[PDB]
Protein chains: 4
Amino acid sequence: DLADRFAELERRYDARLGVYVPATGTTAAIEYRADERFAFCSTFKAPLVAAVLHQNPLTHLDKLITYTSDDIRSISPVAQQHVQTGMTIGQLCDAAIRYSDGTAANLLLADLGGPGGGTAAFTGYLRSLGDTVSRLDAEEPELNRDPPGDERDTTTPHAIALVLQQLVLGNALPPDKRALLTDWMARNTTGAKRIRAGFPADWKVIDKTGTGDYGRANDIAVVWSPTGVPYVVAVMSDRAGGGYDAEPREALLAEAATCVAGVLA
Amino acid sequence: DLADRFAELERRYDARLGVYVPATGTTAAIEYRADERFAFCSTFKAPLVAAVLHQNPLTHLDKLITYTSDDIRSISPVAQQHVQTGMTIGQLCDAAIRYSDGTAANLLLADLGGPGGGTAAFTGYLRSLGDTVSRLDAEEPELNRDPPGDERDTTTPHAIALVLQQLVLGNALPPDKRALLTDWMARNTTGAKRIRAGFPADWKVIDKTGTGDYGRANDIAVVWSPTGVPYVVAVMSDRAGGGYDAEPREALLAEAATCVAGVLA
Amino acid sequence: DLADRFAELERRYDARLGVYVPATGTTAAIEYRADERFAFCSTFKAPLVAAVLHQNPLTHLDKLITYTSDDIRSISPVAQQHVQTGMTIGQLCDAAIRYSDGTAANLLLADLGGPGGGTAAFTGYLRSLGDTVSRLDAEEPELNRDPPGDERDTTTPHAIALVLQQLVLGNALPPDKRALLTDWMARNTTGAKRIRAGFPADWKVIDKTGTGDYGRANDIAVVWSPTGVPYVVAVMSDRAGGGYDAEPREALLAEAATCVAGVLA
Amino acid sequence: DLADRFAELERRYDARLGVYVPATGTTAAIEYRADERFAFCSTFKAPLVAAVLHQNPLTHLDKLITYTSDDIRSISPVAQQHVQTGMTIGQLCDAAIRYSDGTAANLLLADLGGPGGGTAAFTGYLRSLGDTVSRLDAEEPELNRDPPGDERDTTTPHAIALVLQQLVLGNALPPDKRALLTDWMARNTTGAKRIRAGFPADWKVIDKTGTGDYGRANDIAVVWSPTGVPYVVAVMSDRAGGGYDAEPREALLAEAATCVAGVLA
Ligand SMILES: *C(=O)/C=C/N[C@@H](C(=O)O)C(C)(C)S(=O)O
Ligand SMILES: *C(=O)/C=C/N[C@@H](C(=O)O)C(C)(C)S(=O)O
Ligand SMILES: *C(=O)/C=C/N[C@@H](C(=O)O)C(C)(C)S(=O)O
Ligand SMILES: *C(=O)/C=C/N[C@@H](C(=O)O)C(C)(C)S(=O)O
């Protein structure tokens, strides 16, 4: 009967809440709008880094990439400060995950190559991981402002949680590459008020946030209980009824994570 | 059903969980063995300090009390450093709440005066708050050693929660005296791994812990939601099956408070 | 003295360092190459929006400005996503201060009006604050790429400090317009590795950075001691011996700010 | 001329200040009352843990130590909650450093073995490292209330900084034991408003604090530059002119640390 509390949070925040938690040997899966489509936003930056790491040897992280002023089309708090110096693949992976750097994600997508600047190649990496519903059709910041009902650049809480499970807890990556992604998400600096704020301090939380227009605000995370049991939590939400200028509500994601924590205790 | 999760941690930690959260205008009351009798242990020092504040004026806190080395009976991290100087009533209140000092509580009990070192006077104060169930018959450290089934020095999560609601949230004390009591519990240094560990960091938590033999571990608390809504959480537990030297499981209290936080979210 | 440490980092980083801390009532004035001219770079946007605040009332902030793709010339993380909808006056101020948007600054210069994109109007506001030395002649991205020795688009560490002192601590703007200017500089997102990284955490730091070619890296800041004492710190630097594409060294600005924080404590 | 700022801090805070920083290869040695005697306070718990580490193998840290209520003679936030279950030697080393547990330090002194609870063995360990000035004669908390002028339980900022240098940067311990002591001092929870508050955030600071009567406030630490250069900072202070109940001033230690940070920059 956890769907009642989730439905009450939707009424309180005027939002559509989507929550999925994969099942464990001891607990059942938590599902609220798990198979509904929400916008990817910056949450695609976590499997994108894994895609770059998967198709390249570890030595590729030192390849320097140079870009111009016209490449910075969205908020890039790190790419903005290295236009003259350039950036390696590893620095692009660090900025895309920890600071949600918009330009870093577009260069990482271009590093994947192929049509669409790497969007079709990234979606192919999800299909190889069993993901059958997610899709990425544009770059930043276009993928954030898709109209409601448009299935472009959307995923499901059920789909993105399984992808995050194989990248961190599964064997989709070797231990050396998987340890790089886990450390990057563990030091994320944009999710202090989302899933991290809903879980107690003794719980470990690595995450990658995502914000867009129409009040969109998601956060995919892997949590560790104080005893050490790992759970994957996928929380996504939008407020498309409020319009394009709808303000996201980070408290809804923090409140939903507090509901999930009581069930996982 | 929260009672099912409240019935698993008993089997998981081999304990007897007692939870009570007084109902508010928006939320219902959380009950699990709420009317079952649990030992006061060191939690009685919260209504004990409020008793001294109730009968005595503000200037009574500056009254010095002397004591010899014979009066130090239980754990007294502060009393073992003022045997030559003595402590004023205010210091004994600060030591009894924040550090759970055993000798300070015995001195505050004798400060109430009466039969048995101020125990009957203490129970008499509990009766004025409408609590006719709880009782205190012994002094430190004998009240922690009462065998199970015995009703001496016992209380219930139902009756101690309403008492804390009257003292901290109600009008049991005038505002200037109530501000002093809340500050001491807000700076408690013995409850980091109990209710404070089970609630998210953005929740304010004041508490007074209680430990004892037979695996007794209690924590009565008044928590505040990130929006400012106040609740009262009373969690008590023991493991009488493990014998006299049963080990108290602090993780059971912290894990129980997370369940309460989920429903209260 | 401080001048010898200020003469060491220049050798450590192969740069030309310029510091100025205007004297307050308590301590003296820290000066090192204070009157030597350094490039304005993106630091001119701090007094720019203050000029737009001064000669227009508060209702002018709501004025909409429509622009095309050809107007995007320098880096513009915020201005590049509002080509169809346009931006307001206040939105251009927030983007030019917090994100150092080049397009927003070139539009703010045009909003002040006048000849040559209104650069003389900008300097037409500096002498009114007493600044005789500083000058601005070009728009982005041309003011950043002036050759060394040229005096166009230059100020001095002595010249832009007292203006920042007048604009944050003096009486240059009314309180209604002062609150907005200070808030925008406190939420700056382009200078976490400069003066902010040099001062301890308990020091409030508002700033507006500036970076350009020839290894030019500036940061003007108003810091507050843990006790509430305000100070104006202006650190400008270039590397005019390494070519047009010399790498700017942010570490020198953070080390110089630490060398300023020592005497101020 | 850095001794001029240390004197003004002595004048402003009404306290005697002791500061020593051992000279590295690039910088010189910073001294201010470095050879004067200051009380040990809780700073002796850093070499005490290293003493137990040095005299015993790694698996000795798993030995369970049991104690009674009488062993809690000072503030012991960790030992007070483990009277029933007991504490291992590894847990005693953690609590003595991170939480400055009083009972844990006394038990570790007994683990060293020797006359008067093992204080003669701890002093002998300091003589082994080359320290011929420091001395420990009392236990907790008697070593904190010594009168001014007494050499009992005192060291010097010059001697304690050289002891801490070999224990962390030197090779007084093998890398396995040395990594445990460094990790414990890195996660200290009692020095937030002392040396840590005086250094920029991008400097890594491990430390152990000390506080006692007569306004005594010490903090020994090892800091790391943003580039990775290590320095040892020993800051001690008292206010013995203010009497037994003289309040300590943590801001004096934080302000003196900011002066050292600017010189080491
Ligand atoms: C994730 O990829 C984020 C984009 N950032 C959003 C934000 O809330 O800052 C936008 C859509 C507003 S942006 O293009 O900066
Ligand atoms: C508060 O009054 C005390 C509970 N005392 C326990 C403790 O953990 O300190 C005992 C059982 C150890 S005690 O009889 O002091
Ligand atoms: C102020 O806003 C500065 C722009 N300066 C440079 C920068 O790194 O941001 C450039 C390279 C964009 S300048 O191109 O002419
Ligand atoms: C280590 O230096 C401290 C022991 N405790 C002191 C403190 O300030 O925490 C005292 C002075 C309170 S004590 O004598 O326990």
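The lettering of chains (A, B, ...) simply tracks the order of the sequence lines. Per the PDB entry, chain A residues shown: 29-293, in order. Chain B is numbered as in the PDB entry, which gives 29-293 for the residues shown. Chain C residue numbers are taken from the PDB entry; in order, the displayed residues are 29-293. Going by the PDB entry, the residues shown for chain D are 29-293, listed in order. This deposition comes from X-ray crystallography, 2.3 Å. The basis for the numbers below is simple: all heavy atoms, side chains too, and nothing from hydrogens, waters or symmetry mates. Read the numbers this way: they start at 1 and go in the same order the structure lists the ligands and their atoms.
The drug seen at ligand 3 is recorded under the name sulbactam (bound form). The chain forming the most contacts with sulbactam (bound form, ligand 3) in this entry appears in the PDB entry as Beta-lactamase.
For sulbactam (bound form, ligand 3), the other chains with a heavy atom below 4.0 Å are labelled A, C.
Within the structure, sulbactam (bound form, ligand 3) has C:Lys73 among the residues with a heavy atom less than 4.0 angstrom away. Short version: covalent link, sulbactam (bound form, ligand 3) to C:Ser70 OG. By the criterion of a heavy-atom distance under 4.0 Å, the side chain of C:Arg173, and not its backbone, is placed next to sulbactam (bound form, ligand 3).
In the entry, the organism recorded for chain C is Mycobacterium tuberculosis. Sulbactam (bound form, ligand 3) is approached by C:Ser128 to a heavy-atom distance shorter than 4.0 Å. In this structure, A:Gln109 does not count as a contact residue of sulbactam (bound form, ligand 3), since none of its heavy atoms falls inside 4.0 Å of the ligand. For sulbactam (bound form, ligand 3), the residues with any heavy atom closer than 4.0 Å are A:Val111, A:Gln112, C:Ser70, C:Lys73, C:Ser102, C:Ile103, C:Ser128, C:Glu168, C:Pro169, C:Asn172, C:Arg173, C:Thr239.
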